[PDB]
Amino acid sequence: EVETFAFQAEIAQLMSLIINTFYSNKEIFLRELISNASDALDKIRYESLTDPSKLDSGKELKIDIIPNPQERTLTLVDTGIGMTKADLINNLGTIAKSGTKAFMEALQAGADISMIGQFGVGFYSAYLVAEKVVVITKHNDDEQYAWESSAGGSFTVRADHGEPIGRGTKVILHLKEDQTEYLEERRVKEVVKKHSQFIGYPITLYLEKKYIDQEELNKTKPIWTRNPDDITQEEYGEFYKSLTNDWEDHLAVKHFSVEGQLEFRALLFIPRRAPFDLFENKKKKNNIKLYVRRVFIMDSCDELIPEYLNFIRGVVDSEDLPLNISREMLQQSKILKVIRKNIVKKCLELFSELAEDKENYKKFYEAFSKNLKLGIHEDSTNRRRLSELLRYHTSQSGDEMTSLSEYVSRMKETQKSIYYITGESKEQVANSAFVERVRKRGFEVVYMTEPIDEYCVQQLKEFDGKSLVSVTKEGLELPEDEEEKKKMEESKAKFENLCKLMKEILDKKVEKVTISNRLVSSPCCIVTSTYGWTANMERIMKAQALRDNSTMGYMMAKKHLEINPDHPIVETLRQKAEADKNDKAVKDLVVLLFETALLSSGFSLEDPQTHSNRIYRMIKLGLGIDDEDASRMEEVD
Amino acid sequence: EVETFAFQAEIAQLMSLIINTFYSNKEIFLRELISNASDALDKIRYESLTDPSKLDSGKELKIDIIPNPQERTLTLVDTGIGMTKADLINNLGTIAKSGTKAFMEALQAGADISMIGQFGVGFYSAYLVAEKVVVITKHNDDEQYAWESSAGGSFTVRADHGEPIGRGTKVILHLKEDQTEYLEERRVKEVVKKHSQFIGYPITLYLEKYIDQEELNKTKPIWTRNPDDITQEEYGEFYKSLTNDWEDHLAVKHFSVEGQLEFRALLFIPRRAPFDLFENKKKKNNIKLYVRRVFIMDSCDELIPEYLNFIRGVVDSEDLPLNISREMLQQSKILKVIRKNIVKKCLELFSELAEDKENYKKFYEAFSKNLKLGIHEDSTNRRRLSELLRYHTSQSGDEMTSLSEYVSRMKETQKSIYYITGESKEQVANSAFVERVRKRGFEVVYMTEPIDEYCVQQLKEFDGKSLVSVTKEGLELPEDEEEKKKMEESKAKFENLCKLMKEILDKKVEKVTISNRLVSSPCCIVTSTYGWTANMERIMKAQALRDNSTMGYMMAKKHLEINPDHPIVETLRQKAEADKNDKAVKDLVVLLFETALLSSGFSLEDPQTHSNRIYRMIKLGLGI
Amino acid sequence: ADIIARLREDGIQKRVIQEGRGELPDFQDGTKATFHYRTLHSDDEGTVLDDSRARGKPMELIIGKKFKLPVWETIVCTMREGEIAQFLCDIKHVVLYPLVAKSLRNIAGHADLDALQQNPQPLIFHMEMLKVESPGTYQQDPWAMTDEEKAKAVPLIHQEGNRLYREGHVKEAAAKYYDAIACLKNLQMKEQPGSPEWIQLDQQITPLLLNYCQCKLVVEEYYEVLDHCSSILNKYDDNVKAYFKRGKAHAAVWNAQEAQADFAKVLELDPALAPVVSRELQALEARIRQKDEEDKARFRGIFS
Amino acid sequence: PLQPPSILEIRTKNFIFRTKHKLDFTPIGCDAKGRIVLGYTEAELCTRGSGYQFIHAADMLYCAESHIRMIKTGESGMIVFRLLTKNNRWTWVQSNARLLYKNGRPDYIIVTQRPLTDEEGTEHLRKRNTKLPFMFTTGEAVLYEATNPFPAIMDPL
Ligand SMILES: Nc1ncnc2c1ncn2[C@@H]1O[C@H](COP(=O)(O)OP(=O)(O)O)[C@@H](O)[C@H]1O
Ligand SMILES: Nc1ncnc2c1ncn2[C@@H]1O[C@H](COP(=O)(O)OP(=O)(O)O)[C@@H](O)[C@H]1O
Ligand SMILES: O=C1Nc2ccccc2/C1=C1/Nc2ccccc2C1=O
Ligand code: MOO
Ligand code: MOO
Ligand SMILES: [Mg+2]
Ligand SMILES: [Mg+2]
């Protein structure tokens, strides 16, 4: 025989599971009750569309909250559709039965209504804080009833006589002896602001201040539900100020929507200035928030947007996203990746279109160039688009910052590269010895004078098909002529002995001594190999607190010393070396020149006191301050 | 009248809720089934304790996993207690009904058994990946039955007449089309390793490669034993299995707590620091949390501070309240208490390790950076952490000493600890600030890491004695009355020269005074008591993400100090008194200021001016 | 037996001009032959790409160790003493020609011999043999000798270098010492380091290397001496002569701070001869004082 | 107002990993990143050879010289050469090996290395010294014989 059975439930254990293991925060009971009230008001309002007689028992739709520390109770009154006796029994008394779901299903297809609630277990979160719950309901087709229980396996229903509720429901919670924190103004205000900010009906609060004072608590409205064309910039400013508590309005706004298998609407704001604690990593970022049917779900958590776009304040609202049983998380978390892709694409479009208005792009860049450069350092997919948003000072430009596109459009015909220099300040780089020849020849040099520029240019290899070339690295190539090549070759042939001697004296400080092709009025300079940290990058990396000092040897570059053949000092040194290569003066001059070049090229001396002592010795001099076994020892064995 | 009804439930929607909105990950069905099998094995083992005849259908207690790509099914076979027809109808056919909880409650107090599972809904996670579930079972005192369902609101039970099984249960899942990744070797191995690594019975996977069988959970949970019954060899083997490290551990702490909150913890210290210790793109999974040997969550920054991220270990509990998905805790405020205990015990372990010398040298070489970060961040444990610091010193030579050793070696006339911060040990050792301090015989601590510069901001005093930087204005030293008389005479003598120099260097320094810390060098630059030092300025300037637009307001003001007993200064005074408007004195003062700037840890705004000065001097020396 | 009939069938076609004098050398595995070459294109353009007897630079060639190009060996096989002949070869024999003459003339960017790289063809080879000696008679050059015989050959090189040094010639003594040092060092690669044989070999190189450093110091090449001396001292750190030479070089290149320290190390390690070290210190001090006086004169008021 | 010093950092990642080797450079134990860099598992590394099997033929002399220096002084400076993967490919690596002593005698070798790209590897190779000081002079050794038995380090065991 093959028997057949039907599944069953254990009501006591099911209630225990619902109360204890479903919700982690005890504050979401208010969110659940306000969602229920909003659903009821939606139901009554929709029904009254085709039968205005349904509002004869009151015409205003609202929600009220009434603390009562004397009785230690919290009341939530709404003027919604209300519940009949049969509806009371079938909906409140049944676990996993939802009246809202059935109402939506019976609804004629193609109607404007979006009601929260599809599970049928939200009402029992009220027992997170309440020892006993009383519900007083009143429908248009029935009398007024009272529903009472303690979640102890049974509930009672009785006809209720008393103050008449014209229409709707009243929920009274008898808070526990340890849950009295929810009878205070601050706590209720904060909970409602966090969870039920954008409910479609006023949520008034009644408090004893004697007289009964009232506050709406949800004055602002979700403008993102309206068409973008209908909204004026003043309304956007008002919404942004209400959202972020900023005394001044946004700088730019983006309002888009996505349709298809996954649909949502978004509102993205660009602040007018950077917050004082933008990059601090102990903040629990909540710049962008996710809503489902105007109810808060979760904060960003760097899931809806990359970390370098954390300065953007906005909202993302969806109609149909599968939620967890506790509506503070998404099932199928991989949807967040699609949402993030769309948001990033639209943010880049916003930045690109804001670049046309030069005056406002100036402010935006001055505020968030750090974020743009960090994104270049981090993001590989959007690197090309981000590179077009960068602005730099150049040698040819004045006090203005130019783009790389203008640099490319202003290049020479022979030029094949973009020349840049990184240093500690604009003054330092502009007067450096690396740029004398490049600037004399009429080429343009890009100045990058911030530490973040190092990280930025590590990943930027070429722009618009043209490579980026550092003037402080070995192997600089410039367009040249035959006569210049002949002069360079003759100079190189004439200075071989001096180069060899200088390498001998600087035994291990340098890796190579060559003839420069980038100097005009300086005697020498120090450049670094093609692969490895530049002087500026090495300086920045050695100053980092959380840096592994064991790995420095792997990343450093070798120093090359370059000398200027057309300088008096170099010619004198060459003549002296030809005269007598072991001259003391030559050795002291070589060491002093190397130290000075090291200091001026961005490096730090191993012992500055040696350089100081050499200078002091020069100053004092200027001031005029002050056997037979021998032949055996060094002959053979 | 007052009616009274009983709560009801609607089964179809309840099943939909359990299958669609409870679990965010589809891979935990294997975890749930293995937990059920482990509970059954525990039940049969406990029952056979008093009646050995119970184990007459078999003596081995094992779990088996058998993929079948041809039929597209996954089978979990266990040799547990099994369940009868009545149990099949009640336990497996009722939602929120737990047989494990009833079995545990039936037991007397102080039982030697702790079983997973008390909610009665975990079995239905099998429908996350399966279209239909067939359960073949066999109890000791009962026949063998077959239970079948498709989550369609009804199930059937029939007496099975297939290949017999001596005792236990056999769950067969008919996988969906889109969920066939779980019939592969790698996916099953990964899931079992992640979730059911430390189950107390062997778990073996059967594959075609002749059906090779491979055991999956080889390592036992040694933390259940007593600390003093474990040798360091098995500690190291467990550590190597856990962290996958080819090396052994350096130290181990194994402790327990009792009371309302009870847990056991194993904490290990690696021998070497990983090369990605502070790499931001890493999950805080250095410490794992377990409940009844089943993995719950990773550390996630709530179980241990961020400066102890190098600690590897395990925290296991028996009575932590979980949520329905068993992937987190309800009332997450317990993590704070656990973190407090873990921090206390880690500090205790460090203190104990400090007794050994070579081991502590290895540990410090590896994690002094983390200790200093903890000092900067953590205020409660700052005093304890300050005794773990080791520094190079002017009198320690090549080894490194502690602050207590420095204090025990102090002279009765010394009130403060003297230190200097700089780029490297060679730079600070030969600095001009420590000349006199070393000549008088005092001791100076060398700090040569940026983290040290961060650290000294919080470590204002140690053992009641304050720390003093030898690079700041107003360095105080014990003196004799003759020394003060000589200082006053020198100030009176050099007032005019100082006045002239301050005139020449307008808005480059804020004062020119007489030094009391120089011996052989003519001058040095120090900073005011308020503001950043040269080293702190160097570190702050290099922060890429810092807003330095207003850094000028945090920078300290620099004072130039002159050496009365240097020949250059005496000649400068003579030249100034002779003719104060000479070019020689102007050029010499500018050169001296620039050289002192370079040697004192600062950087010139335009190095090219200094370079051109030196080049002009070289040219004049060469006669060009 | 009959090699002339073998060359034609191998592909090459050769014609003799002047028969040589004497019998045919054995030409076994390993044999030294001296001869002249003059190579010119066969028919493509007819010019000469490389020539030796045209200017008089003999091209030495030992027959048959590896000698990647097997055409030269086969060519000189069928030539006796004083036999002059000319001939061409197929592209197959001389396909890899550029891997031969790239440096054999430079070590003593070619545009002629690189012509074959883009268009191979047969090439004429004008040969002239003068002498051919089997192994045993001629002094084998060090690179071609076997390990077992170079081991016993090293002492003769050492003694020849010493004899040349004492006569009053240095450059040649330096060359001999260099050859001996390289010969010994190549052997060490044959043996595991740290084992008794490696250290035994190392024991007999330090004297030769010290002589090499002595000659280098005599020829006024100081910086080179420093590296070898540092290499010796790092491993040993007990050589009085090594420290002495290193300090002398440091003094010669004005490295007074280290020269004094090395002299003090010598004194603490060899207290026997204090007068010599003190004399060196005095000479260094006198030179330093002289240069200091000159520098003081040089600056003498540059500011005002 | 103004902010005090904090420890904001960029947190740059690197691909440096360590390996444990026997005296003959036999890999016994590798870091997790090493497995990714050089396709291998735990067993293969041990049962694949003696290290010198991995070295590219052109790099063999360079590596042997570095091994000699490491034994002489206990650790070889940075060296760039090629390594043999399971897929037979070649990857340039910048490695620095260190000798550990248990009791006055060598015990094993710890190597810290960084993977390189073909461009950086070729750049390093180009600049690599073509010869060592006490070479056999221009005796046409690579022409006539060109066959050396290589150092005794490479000879197994
Ligand atoms: N204030 C109210 N007015 C009218 N009906 C209500 C009210 N509160 C609850 N209900 C009914 O009781 C049921 C309780 O279900 P609940 O646990 O809130 O889950 P859901 O919100 O998904 O229905 C709802 O289906 C709803 O129809
Ligand atoms: N493999 C098995 N062997 C024996 N009994 C089982 C097995 N799997 C499930 N059961 C029984 O069926 C019930 C199903 O409940 P379950 O979903 O496992 O929740 P819980 O584990 O919390 O009891 C359990 O109480 C258990 O007694
Ligand atoms: O650095 C390595 N990493 C490796 C990983 C696998 C196998 C070998 C090596 C390395 C060697 N470094 C060397 C240095 C000198 C001589 C030989 C060798 C090596 O074989
Ligand atoms: O109001 Mo519900 O029970 O979260 O769908
Ligand atoms: O096996 Mo359960 O139903 O997750 O406690
Ligand atoms: Mg609800
Ligand atoms: Mg279970």
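Chain letters run A, B, ... following the sequence lines, proteins first, then strands; residues in each count from 1. Both ligands and their constituent atoms are indexed starting at 1 by order of listing. Note: hydrogens, waters and symmetry copies are ignored here, and every other heavy atom, side chains too, is used.
As PDB records put it, the drug at ligand 3 is indirubin.
Contact analysis gives the chain with most pairs under 4.5 Å to indirubin (ligand 3) as the one UniProt calls Aryl hydrocarbon receptor.
Other chains with a heavy atom closer than 4.0 Å to indirubin (ligand 3): D. The organism that the PDB names for chain D is Homo sapiens. Around indirubin (ligand 3), within 4.0 Å by heavy-atom distance, are found D/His21, D/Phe25, D/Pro27, D/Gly51, D/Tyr52, D/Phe54, D/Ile55, D/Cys63, D/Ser66, D/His67, D/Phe81, D/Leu83, D/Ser95, D/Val111, D/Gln113.
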